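Some notes on the structure that comes next.
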Amino acid sequence: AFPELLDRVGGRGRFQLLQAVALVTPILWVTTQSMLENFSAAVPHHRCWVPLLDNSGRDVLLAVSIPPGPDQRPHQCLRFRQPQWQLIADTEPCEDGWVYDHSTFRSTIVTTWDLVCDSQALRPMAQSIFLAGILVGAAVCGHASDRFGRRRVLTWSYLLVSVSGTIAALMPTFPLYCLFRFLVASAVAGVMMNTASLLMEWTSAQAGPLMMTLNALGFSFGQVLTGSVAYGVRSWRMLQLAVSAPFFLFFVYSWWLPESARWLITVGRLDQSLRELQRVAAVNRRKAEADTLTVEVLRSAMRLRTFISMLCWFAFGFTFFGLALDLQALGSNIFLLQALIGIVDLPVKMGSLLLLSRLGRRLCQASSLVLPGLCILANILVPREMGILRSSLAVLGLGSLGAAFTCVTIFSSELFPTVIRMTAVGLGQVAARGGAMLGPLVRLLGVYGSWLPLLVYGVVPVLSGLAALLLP
Ligand SMILES: O=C1C(CCS(=O)c2ccccc2)C(=O)N(c2ccccc2)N1c1ccccc1
């Protein structure tokens, strides 16, 4: 009988907007902390240190010192034992360290800890660890908001994000950095889930719309915030601190947001629920029907389609999170990318939804997965000669794939006895977080041809979309 009480106290109004703003604003920095492993763990051009150069015709010295590499470049992992002056066989690996190109980035973790050459596999493992941390933190938090509340967990998760992010920027050794990024990921997942649930609960029956949409926009924009912040600060120690600093103020000001009143009723804290509802009514200025609340009212108040949905969620998560953390391979001028994936995301998603809803729900679901997979696959076919076409296809593909989590959540998830969709969205999204940890691990196939990762990332979504047509 809670919706009757909610209609009695308010609905829409003023408080539901202020709370919405204050709970959606964290989402931008939550995205910023998640896409940060693209300007922090960036790989600049590296050479082998040689005594003849870099102190104790520069082009001639570079030619004699290092053997040439295959890709029209000097070798990045080998060095001549002695200066081969015969150039107007016997090679040894780098042992005095490397030298890097300090022209776009001042200091990355790759530069700091030498995650190049033989120890190349370490880099595509930090992102996998981070995503596994998100999955684990989201799994634990579910049975954590039923014994501690729903607003306290949000504030404590804010504090954990801030402290762990600040501490992770001062570590001198790689495993400590990985562990603290794991903790950051878990706390971020907790923040995500608790914010979503809090936005759902306090809103009236029209929460399915706006509210849930207002979340996504958060990400989209956030993307651009990540891009701008990255363009701002170049060093990697001063990027993590600058990103994790706001969360302390977020935790400080999150001490006044009212806690969800529906949860308080089921546990037995009637007085707190009364105070909460009265203060919400006072904020909403609907202090006319509140006198009816005299405790007693609240005292009396107290299979194939599923598999298709799981496959679609898995394909979307796997492709997006195994391809959008390596944007240095999709083009150039990285700061312009990762800042064009929201400005393309919004118009494309709205236009595609509006245009394809009328044709049919299954048609829209199918067309949202074949198109971006084919777009990504077509990136290989084009050569390097046209860079604009080389980069626009990837942006269009990512923007179109971003519409999947919107189309398959609000328009889909009704493919069931139609009792409540909250038991289906989470079930589908579990495979989305469980398919991203199996993501960047594909990029470990750089050896044995470089086209295989892109080929897999292009064939998986198209196969999932083609299988989606087999509903009957
Ligand atoms: O927007 C989200 C959240 C939603 C959880 S949520 O709102 C909730 C609702 C109801 C009950 C409990 C919790 C999320 O976890 N991912 C995600 C994380 C890791 C891997 C894959 C997906 N994305 C997402 C979607 C598209 C593009 C990027 C990110």
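Note that the numbering runs from 1 along the sequence shown for the chain. Counting starts at 1 for both ligands and their atoms, following the listed order. Hydrogens, waters and symmetry mates are skipped; everything else that's a heavy atom, side chains included, is used.
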* To do: Look up in UniProt the name of the chain making most contacts with ligand 1.
  => Solute carrier family 22 member 12
* **PDB drug name, ligand 1** => sulfinpyrazone
* Find the transmembrane segments of chain A with a heavy atom less than 4.0 Å from sulfinpyrazone (ligand 1), using UniProt's numbering from the N terminus. => 4, 5, 7, 10, 11
